Structures are given as structure tokens and as C-alpha cells.
Chemist: 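If you scroll down you'll find the structure; I have some questions about it.
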Amino acid sequence: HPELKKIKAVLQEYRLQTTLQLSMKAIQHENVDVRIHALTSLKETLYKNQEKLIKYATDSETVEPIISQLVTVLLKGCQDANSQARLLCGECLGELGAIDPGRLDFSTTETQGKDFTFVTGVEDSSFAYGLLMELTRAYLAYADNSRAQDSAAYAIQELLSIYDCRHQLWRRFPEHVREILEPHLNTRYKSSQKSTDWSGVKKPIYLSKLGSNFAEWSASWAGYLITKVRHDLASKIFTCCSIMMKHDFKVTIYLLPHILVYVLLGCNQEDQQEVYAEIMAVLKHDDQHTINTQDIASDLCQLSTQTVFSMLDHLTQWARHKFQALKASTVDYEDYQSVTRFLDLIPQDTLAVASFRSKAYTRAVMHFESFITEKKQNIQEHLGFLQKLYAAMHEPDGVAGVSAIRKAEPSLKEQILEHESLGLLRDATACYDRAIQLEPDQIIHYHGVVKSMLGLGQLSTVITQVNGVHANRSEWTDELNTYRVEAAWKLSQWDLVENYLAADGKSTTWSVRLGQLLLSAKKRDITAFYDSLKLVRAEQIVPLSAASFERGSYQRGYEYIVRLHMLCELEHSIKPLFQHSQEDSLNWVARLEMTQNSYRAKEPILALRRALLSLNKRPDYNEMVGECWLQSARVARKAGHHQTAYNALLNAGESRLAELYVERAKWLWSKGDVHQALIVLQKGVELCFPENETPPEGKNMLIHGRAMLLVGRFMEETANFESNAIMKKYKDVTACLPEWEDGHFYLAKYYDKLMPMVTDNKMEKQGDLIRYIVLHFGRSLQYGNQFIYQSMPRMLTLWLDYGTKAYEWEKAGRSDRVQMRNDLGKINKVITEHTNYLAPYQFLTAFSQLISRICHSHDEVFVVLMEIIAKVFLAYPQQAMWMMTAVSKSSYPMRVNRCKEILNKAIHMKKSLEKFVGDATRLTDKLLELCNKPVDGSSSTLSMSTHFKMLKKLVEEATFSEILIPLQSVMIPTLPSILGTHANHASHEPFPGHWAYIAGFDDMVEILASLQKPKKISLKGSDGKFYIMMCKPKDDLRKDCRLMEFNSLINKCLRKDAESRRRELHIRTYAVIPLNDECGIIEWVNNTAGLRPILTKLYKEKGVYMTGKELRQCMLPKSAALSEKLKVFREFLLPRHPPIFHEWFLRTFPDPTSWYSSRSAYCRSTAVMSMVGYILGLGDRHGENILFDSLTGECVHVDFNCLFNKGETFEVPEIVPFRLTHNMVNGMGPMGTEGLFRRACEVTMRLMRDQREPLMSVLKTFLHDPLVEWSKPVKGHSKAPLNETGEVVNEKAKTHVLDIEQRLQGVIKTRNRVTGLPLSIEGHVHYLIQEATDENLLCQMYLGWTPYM
Amino acid sequence: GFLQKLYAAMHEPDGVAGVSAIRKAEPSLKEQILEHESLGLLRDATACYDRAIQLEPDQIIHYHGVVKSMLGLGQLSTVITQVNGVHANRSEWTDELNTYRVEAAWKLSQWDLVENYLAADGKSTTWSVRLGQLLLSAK
Amino acid sequence: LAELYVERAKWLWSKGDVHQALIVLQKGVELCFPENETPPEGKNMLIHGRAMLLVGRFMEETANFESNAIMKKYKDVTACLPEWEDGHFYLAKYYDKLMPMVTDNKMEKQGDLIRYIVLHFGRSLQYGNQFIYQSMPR
Ligand SMILES: C[C@@H]1COCCN1c1cc([C@]2(O)C[C@H]3CC[C@@H](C2)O3)c2cnn(-c3cc[nH]n3)c2n1
């Protein structure tokens, strides 16, 4: 309202992005009507500030944190009970757009799920409070019925009688709720109804005449059980709720679990059997097969399966904590035995069957996985059921996971299932038609045939196709109409759309709803238009509500959130059509960049965009639809299947565009025939850019630059095109578009490719070449950041290598050194210029590499490196100092001098940096002193105040400059996207998020157990949060920190822009900061413990534990035969170590939905990290270093010291690629490796083979990082760097580079006999997995790796 | 374009491929369909045929190409249902496309559909139709 | 009866996915002609022989299989069908390639390897002529 300015002023007295956070806090408010206004205002804000949010959305690969928190709380709004807000947020999410779930970051916002707080017993206070809540929640609703109100009032008496407090439990009562019991505090009340025996009626209750009603069944069975229980206090508590039960079913819901618990406590054997028979009656009763009254029996079966599931989960948990109490007498033992026998009475397979019937797919999978592994059922018999499960859960990794397990040949129906899950449409329609020929009476087959025909874009043959079966089967005409409708509006034949819509309105399918919206848009019907719009927007929210439960919720519901952005674009593209003045504020060009880079997300958006551009008929709205066809072609050629891409190309060629030819070339290039593609391109370039007419104008110059670049790229594969021809092509590209990263970058790449062969690997003649190289690499960096990981590290490597070679030749006193000296002069001059143009954050990437060369021998090269490092420090001092301080405290004197030099230059360049550095050094100094202090005897805890008084003191000074806690979320850069912010970069923010500062430490200091004892310290952040951190006393972090940077780089590739994101592949990166070469501080991953401790704990619970002397019996000398080693392994270590890890899963994650969506993440995480470890040569993966997130199931790898097959140099060679034993296999599930794991190892390897160039480039610098002690340090008598080099070079650096490149390439080089070595593709994954689970290889591992474990 | 029509009629596909490679201009849709027919590829030919049907609905050549490709793919029952849909859309074109229908029927061994599509169809010289006649009369 | 399996394996090895081809042919040769009881049929014998030979070739294609196992599979192909040109011929060819690596390009050590090669190639030319232009020259 207008007159809020004074109120805004007084609120600011108490106090865009600001407005957004206030709106968020308004959404989080409990009041519905508050939320309504808040969300309306927020939607208007988004529509108004679109062009700013779009900047906030696509500024960088990761959106600003405000947008992430916003989308999280909006997804929380979809769980809101009010329909109005959930629609208003169908609108709230569509306004912002279905951003790429990679561009989001839910880690800080998906921090919910405390769960916990078991309700074990009614006598316990937990159930007391829960039953009070049951006594009130609709006691507010029983005020209309006297006996209902009196009943809960009487139950208040019996509850408050035992639970009166005059007082901590009385305070636990809410003030209003305890006020509700105030009229019945202790005033005695009569019974509200009479007592009727439920045992008199025939059993089972669920079947006959009492079960047929849900609440009636619950009350009747509950009263029967009350007559069956023996705990007298429990009997009273259940009788007082008995009257309560005949009034509402939710009291049965809350108490029936504990009711069955107390039954199992005291009951006869035949009583238990009657109860179990009632359970089986609930389970085997499918509502569809029984013939009786409906609408109460169907919902009865549904809700009854649901409530028996909840109570059985409570029981399952009841038995778990019961075993815990037995670990914590005979009567408790007897209750444990009774509940265990009760649970085992029910067949787990029956549980899974019932859950699948009730659409509880996660419950079904959990119960079935427990079923097969426990009851030892052969898997191949239950296979088809498992495929049905994974197909229902839309988890393709299961289905394609099942096939590899299937021994028998796949049935036709299962062939259809496979073709449906994994999308291979060309082969799918053939399978559908074969099924039809086998079985034409069915309908799902014809549903499929038309479906694939839709995907391939044969739209015209679709509508004609459906009419065929329509004439043959008119009854199939209406459910088949939805496909017919889809093609119609996709064909934009609204007349036929009208015929098909008036033909049937009884279809709700998404395509039909789109068709209705579009028809109403054409024949302008504003009111019915918006009516149907709200209708469909609500329709999409319904499934998005259940999927919004925060377990990677956004990605699972992204398909729907696409539809919400779909509808938002639809709406904002129609309101102009209705008002006519008013134009859409949408930036369609940028609204697509945000969309996930996969066909199953982009294509439906572009389909509707084309439909709307058919509705809106502007003079340019005939090439715009052509451009949209072209864009769908681009995304399809990106997403594999080329047929749809080519069909779109056809539907686009009518538009006159030179981009058409670039896209046709790229598509032909995706097929592989570079020759045909280059031919078509050269033909197109001549057509659209005749050389007699310069195209220096408008979009034409851009398209022509792109086309010329594509020709220059093509020319490099076909070995016919001479070098200088490619040279001229790239030079012409540069001359065309001199403000463009791709041109200069690819030209420099070709330069570096030509260099070593033209100059015969003779560095002296390479000066001018390197000059051109670093000239174009830098200018490339000046206009974009798409390839910075390829360009910048390569540039720096080349320049510093040439400098080192010049220094060396100067000492060789050779003839070439002088011209090479002034050449190096030119090169460092160009580097200086780049330093003057580039932004600092660009150099912030690969900053560890810059530091790795500060001991550079050449002095002036070091001066330029000085000028570089200073610029980064001056702009980002905190993030710089952390990676720096390890060098500051290094043992090498020359390294120390160079670090002092760079710090002195920095403080000379800025003054407050002096205070910052002076504080941080002392801070790192006292932290070092901490890491080095010997443990006080054996006490596991230490008081920092008592021991490290100066440490606590230093942070306590106010003048102590706030130091940023080195978290991996604040040591990793965040580049800007190709578009937007890099049009105005050097102002881009490379660390978006709330920097937390060291405000203090917790006086407690844990000390873990290791050969060298790590010391955990907690850091009280300036925000108030506490982040744990551990000193590693004797390890060289330089290597582990450099590897963690590389893993973060991988996460950059993985998290965004892949199918990998769906599987939520994510390498667990935690900060690793060296404080000294000897001492490092490692960010603690909270909620985790080592694998071996986990399993040992599990084995103890089973009592089985093979002894240490038995271990000594197992170990044999290496000279002993391999076969007998294997026989010892098999016959002793295997049976004394059955696979238990699934028990750990069921324990840590009892909630079935969470259990699955966790274990699924375990397979994915261990697969991804194992794969990264293979192509990294990660070694020494003994069962202690793997350790798992006890909240999500991912695994965190630690102690990366053994790198690049450095386990082969171990006394016991490390044969296996990655730690994958039979126990870890069991945790994956009964499917084993062949399930999600292999499919997760496949996509990771594909992403590796794709991003080879950035990863290989960065790793090349890592392998050349001289700071890490590749070999152990020569003692102080003779420094390994001699104190003159300050560096150590790796002799096996080139061997490591070659081997790693080979592993990425996919050539194994395993057999010294087989030499042809055709590179493998995904059979690489199969070979690796066969290389892990192999018993022969596992056995040769020294028991330190614990292969048995 | 005329040279392409000629080489196509002379059933010399290499000539059509040459006329393709010579074209400095963009091939029109009809020339594209001719090129796909000569090159023999099926899926992309179906794509072009559907593009044409969307462009010219009142055509029997494009529908014939679409159904012939569908028959080539081996989507026999789909071919039959598609021919039936075209029949419902136009009863006058069914006589032209009935040969694909009876070819699929004989292939699918639906002798009932064979005799049915043979009774409705007039005298046709298509090898598929005569083969269906011989096969049915052999049943 | 393994004919569909072998043909699907050939279709895959043609498409380029040699890994899927090898795994499918292995699953086939497992399901049909299981290793518990040999294929007594003379027709099933020829089919299991073609399967063993195709698996040997597919193994030769990829590099993850050890040379000894490939030699063994080819020997099994020679055994289960001792009257097929293919088989003897392909095994001679495999031992032919393996010879330069085994003998380390030392003709002195090549002796018995050359003997085995020539024996297998002659046996191959005996029962057929489909490689009489590739066998007899070598
Ligand atoms: C989850 C925790 C805290 O979270 C961060 C990762 N991490 C650990 C944990 C461990 C250990 O549990 C392994 C064994 C058992 C007891 C003791 C500590 O030695 C190590 C070892 N090396 N590293 C290194 C080295 C470089 N980076 N990390 C460790 N990091």
C-alpha cells in the first residue's frame, strides 16, 4: 500500500535480494493467509525483476545462494496443505523457471530430516505427549458431537491421572494444549460410552462385515487386541482410548503400532497367531480381485496396507532398539523373541507384493531386498517382479541393471520394459509392433507404438495412425486420443485440435490439457483460458507435492518443474494476445540456458515455444519458429539420438539461416563421418557467405565466425588438410571475431598441437611459438571462461617451462641462450599484459599451480609470477593466504624466501593486508604448534584452554583480523557462465555465499587413534555455527590439497550438464589445507565413520569376530603359492566374514523411503569415487580410509597419499583398481554390482572420456607440481631441492601422464602379448568390476587392506 | 533437378548421389525425398515423408512413401493400421495404398485380412497384390 | 538353441558394441550348450563350435582378455569341431599374431611356433577353401 514508508522506516530501525529474503521468511510463516499475500507479492516481484533474476540465475554455473534458498522453500510450499498456496507456488516455481538442478545447490538447504525420537512405549513420556496431541488435534473438532467431546475428555482423565505433574512433563505440554486439558485437569469424569466386547465377533475382522469399513476395522481389531493384551496399565490406556477410537481413525493410526507392541509383550501363542492371520488377511486382500462393495473396500485396502506398514515399521524399529537394550532381562529377551518371531512370521516377499499393490515402491524394494538376501531365494525366479518395481520407480539404472543379471532370455514383455526405461525409440517401435503381432488384443502396445512415433516427430503419421485403431476399436479412441491431441497442436492445426478436444473432454492427460489451453488461446476465451490454466498448474503440483520430500527432491520432480516453467512461459506468452501495449517480459533466449542440458527437459519446452510462436503471428514469427526447430535439433544432437535431431533439421530448413548449415554439419559430425560433414559445411558456407561479399554485420558475422571455426575444427581430424591450411582458417576466424573465447582458444590449441612436431621438441626454437600460444590463450580468456581449465593451466605450464629451460641453458652457457633470453622476455611481457587485462579470479583458478612454481629458477620469470600472485592476493586475500601459508611455513629455505617476497610485495601493495597476514601467520603458527604437540599420555580429549592458551587467546583479541575458515565451499572458485556476467566480468563474484570467520574454538579437542594421532578441533564460526577440523600430523597435504582441487573440478563437470546429475553423482570434496609440509588441517565431514569400524561393529552385534591371532594365522609370506593363498582366504576369511553391510543400511536408515534414496546414493557415490580413483591411480584404499555419510549414504575417501599406482611400489602390490570387496557388494543390494553401480560407473567414465582435455590438462600440472615430495624427503643433511632449486621433479611424471591419459582413453595395456589394444568403451567398466570382485586378486592383498572385510 | 528426375527414373542411384553432391543450392524437400529413395535409407526417408505429408496433405505419393517405409522397417501391423487410418481419412486413396495393406497381411499371415483387402481392392499390378492373390488362393 | 544368441552377437559386433556382443554370446553359450553336458547333436555341435569361434574372435578384438585364454578358446573350437576351415584357420591366425610377441621377434625361438602355425593353417585349408587366399600364402 502507499503509506507503508514510515513502517518500513521503523522496521529498518529495528533491522532486490533483500526483498527476496523477506518474502522467504514470509513464506516460512505459519499463517496461510500471510503466505497467500507473500507468494502473490513474490510472483509479482519475479515477473518485475525477471531481467535481474535471469542475471542472478545464469551469471555463473551456480546460481546465487538466495535463489537456491528460494527454490528450496518454494518446494517446501508444495508440501503445504492449502491448495491455493501450492497452485500459487506452481506459479512461484514456473516464474523463476526450471533451473538446471546442477546450477542449484541444496547441500546447505537439504539439511533437514532429524527424524529420530523413537516412541517405543506408551508408558514412556514420548508416547504420553503424542497421545496428548492425539487427544487435542481433533478434540478441537469433537466439540460438535457431545459423546465425541466427552470421550476425549474422559481419556484426558486416564492420561492425566498417570501423567499429572505438579513438573517437567507438565511444562512439555503446550500452554494452549494444557489449557485444553485445564477444564479436565483432574476433575473426575464418567465414561462416555458403553463397553462392547470385540472378541465375540467371528475372526478375521478384516474380511467379514467389520473390516469392510476402514475406521470400523481399525476400532474393532484394536478393541480385540485390547482384550488380548496383558499389561494392565496398557489395558487401561487402551480402554480409555477405545471410546476415542469409535469417533476418529487417527487415534487408531497413532496407537495401533504400540497396541500391537503391547500385544507381542503379553499374548498367548494362538492370540499371536490370530493377529498374524489378520495381518496376512490385510496383505493378501487385493481390492481389485475381491468382489464386494467398493469405495470403502478399495480405500480400506489402501489405508490398511498403509497403516499396517506404519505399525510394522514401528515394530521393526521396536525390535532394533530392543536388541539395543539387550546390548544395554529375561522378560526383555522374551519380548525380543516374540517380536522377532512375529516379524519373521510375515513373509517379506508378501510385504513387497502388498506394498507394490499399494504403490509404496521404495517400501517394496526394501522389503524384497531383505527378502531375497535373508530367505536365500534364487534371484532369477523373482526377476520380472524386480524389473516391474524398478520400472514403476522410473529408475532406469535398476532395469538395465536387472538385464545384466538375467540368465534366461528376456521375455517379450520384459523386452518392452527395457525399451521403455532406457530410451532407444528406433528399436522400441519395432518391439512394440512385434508385441502387437503376437498380442493385438492388448492396448498398452498400441499406446507404445503411437508414443515412439510421437517422439521421432512423425506427427502427421501419428494422427493418421490413431484413427486406424479408432476405426478398428472406437472404445480405444478416447484413451488413445491424448496422443492424437498432442500431434494436433504440435502440428498447430487448431481446427483438428478442436475436433479432438470436442471429441473427448474426459481425458486429463498432460498433452490433452496443453491442447485445451492452446485451443482456448486461439479462440480468445480469457476466463476459461485462465480457469484451465489454474487447473493444469494445480494438476502438475499434485505429483510434485509427494516428490518434494527433501531427498534430492528437486531433481526427481524436475520433469514436473519443467511443466511449471512450461505453463509460466505459456501464460506470459498469451496475456499479450488477450490484452491486444503489454509485452512479455520473458527472455526466452536465456530462459533456456537455465534448463537442464538434456533432451527430456529442453524438448517439451521448445515444443510449446513453437506452438506459441504459431499462435502469436509476428512478421519475424516464421524464422523464430525456425530458430526454435534449430535449437531442438541442437539439443537432440547433444543428447545422443540423432533421428529426432535430423527431423527437426528438416522442419527448420524452410527458415533461411546460415546456422542451419552449421547445425547440419555438427549433426553429421556427431554421427562420425567428418568428411561428409565438412563437405556439407563448405557447401553451406559458400551459399550463405559468398567470399565476394564480406559478412561483417549483425548476427551474420557471428554465425560466419562460428561456421569458419567449425571448418577449422573439422580440418584437424581428416589428415589430408595441410597444417598451414588449418592455420589460415583459425587466423581468419580470429580476424572475424576478435572478442570471442572459442576462436583464440582453439587456435592456441592447434598451435600447441603443432609445436612439438614442428620444432622437433627443441625448446630453443619454440620461443616465438610459445609467444603466439600464450598471446591467443590469454586473449581467449579475456572474452570468456568456457575453457579456462584447458587454457590457463596450459598457458602457465608452457610459460614457466620455457622460463626454466632458458635459465638452464643460461647455465649451460650455450649459444642459443641469448636469443632465447629475449624471447623469454617477450613471453613474460605477454604474460604481464594478460595479467593487466585479465580478472584476478581467472588466475584464482589453478592458483595452486601458480604457487607450485614460485621456486622457479629464473628471477625475472619469478618477478612476473610475483606480479600475478600478488594480484590474486590483493583481490582475494583470505582464499589466497590459506593455500599460501603452507609455503610460508615450509622447510625449504628458498621456498620460504620466495613466500616472504610475495607477501612483502602484497603488503607493499595494500596496507590492511599487512594486518591480515600478520594475524593469519600467527594463527597458522599456533595451529601448527597444536598439530605438532605430542598427545598428553593417552587422554582422548584435551582442553585447548589448558594446553594451547595462546591459541584461544589469539582469536579472542578484537584486533585479530577475521580469518575465513577454510571450507571447500569457499576455497573453490565459481566461474561465470559463457553469457551474461562475462560480458561485464572482472566484477564477477567468484565466492558467492556467506563467508564464515574464525570467532573461536571449542575448548574440547578430540584425539583419534592412529600411528600418528590426529587432533580434532572445532571452530566456532562468526555466524555461530561450529565446523570440526582435524590436524594430520605427518602427511604432505600439498598432494592431497591439489587432488582435492581436482576433485572439485570434477564435481564441476559432474554436478551440472549431464545425465549424471539425475543419479546425483557427486564426489565428496572436503577442504584439505596444508599448514606446513608436515602438518595439514582437513575439513571434517560430519556424521561419518570408517568402513572397518562400521563392519567390526556389525560383526560384534552378530558376536562373530575373527581374532587378531587368527589374523596372524591368515597372513602368509609372499613366496607362498598364490593358489594356496586363495584357498586360505576362501576357507577362513570368507566364512568368518559374511557380508553384513545391508544390516548397517537397515539400521542407520530405517525409514524405507530414506533407506532406498540413501543406499541408491551409496552405489552412485562409491561408483563415482572408485572410477575417479581408477583413472587417478588412487591406491592404499584400505577398509579404514573409505568412510560413509551416516545421513545420506555417500562415501568419503581419505588419505590420498598413495597416488598414481604408488601402491605398486608398496611391498605388497596393490593389484585391484579400487576397494570393492564382497561386503561392499552386498550393501549395493542383491543385484550386486550389475545394478546401479555399473550403470553409475558407466556414466562417470563417459564423462571422463568427454572432459579428457580439461581434466588431463589440470592433472598434467598436478603431476608436475614440484612442491609435493614425490619421493620421501632427503634428510636435512642434503635437501632434496638442494635449497637452490626449492623444487623436486618427478622422474615418473611423464610415465604417470601417459598412463593416466591411457586410462582415460580406455586402452588397458594389460597383456604384454595382446598389442593391438583397441580402446574399450564401457566394457572398460565391466573389466574394472571384474577386476575388483575377483577373489584371486583380492587375496594377494595384504590383510592391512582387509580384503575379507 | 531435371537431371535428378532422370537419373532416378533410369534407376541409377549413383547419378542421384552425384546430382546431390553437385548442388550448390539447398535441396528442396521433394529433391530430398528423391535422394532418400535413391540412397535407400529408411528412417530419414520416413522423416522426410512425414514432413511432406504435413506440407502437402492432399498427396498420395508422400503417404505411399511413408507406408512403404513402414513396411520396409517390418512394422507390419503398424503398416496395416496406418493404411486403415488413411482409408478412414480418404476412402479414395485406399485403392492406391491397398497393396501395402495386403503385403503386410500376407506377411503377418492374417489370411482373413488378406482376403478382405483383396475383395475391396480392384485389379492391381503390384507384385504384392498378385502375391497375396496367389497365397490366399493357396490357403 | 543358441542360433538366435549367436546371430544377435554378430549383430552387436557389427554395430560396434563389441563388449555387449561378447557378453551376450557368453550368456548364450552358457544358457544353451551349458558346460555341464556337451552338445551331443551334430547340428548343436556345429552351432556350439560357431559360438566358441565367435567368442574367440570377439575376445581377440578386445584387449582385456589374456592371450592364454584366447589360445584356449581357439583350441576348444578346434576340438569341438575338428572338420571346419574356420576354427583351425582363425587359431592359426591368432597364433600368427601372437608369435612376434612371444618369440620377441627372434626367428630362432619362432621354430615350434611356426610349426604349430603351419600345421593349423594346413589343417584349415584341408577342410575348406574360404581362406585359401589368406591361408596358403601365409
Ligand atoms: C572423515 C574424516 C574427517 O573428514 C575428513 C576426512 N577424514 C579423515 C579421516 C581419516 C581417519 O579416519 C583414517 C584413519 C582412522 C583414524 C584416522 C583418521 O586414521 C583420515 C586419514 N587420512 N585422512 C586424510 C589425509 C588427507 N586428507 N584426509 C583422513 N581424513
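As listed: the chains are lettered in turn, A, B, ..., one for each sequence line. Sequence positions for chain A are given in the PDB entry numbering; the residues included correspond to 1258-1272, 1281-1431, 1440-1601, 1619-1870, 1876-2644, in order. The numbers used for chain B are those of the PDB entry, and the residues that appear cover 1674-1812, in sequence. Chain C is numbered as in the PDB entry, which gives 1952-2089 for the residues shown. Counting convention: from 1, in listed order, for ligands and their atoms alike. Part of the entry, not all of it, is on display, and contacts are counted within that displayed part.
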Chemist: Main binding partner of ligand 1 in this structure, as named by the PDB entry?
Modeler: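 Greatest contact count: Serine/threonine-protein kinase ATR.
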Chemist: Which of empagliflozin, camonsertib, quisinostat is found at ligand 1?
Modeler: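 It is camonsertib.
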Chemist: List the other chains with a heavy atom under 4.0 Å from camonsertib (ligand 1).
Modeler: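 Other chains in heavy-atom contact: A.
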Chemist: Among the UniProt domains of chain A, which one holds most residues within contact distance of camonsertib (ligand 1)?
Modeler: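 It's the UniProt domain PI3K/PI4K catalytic.
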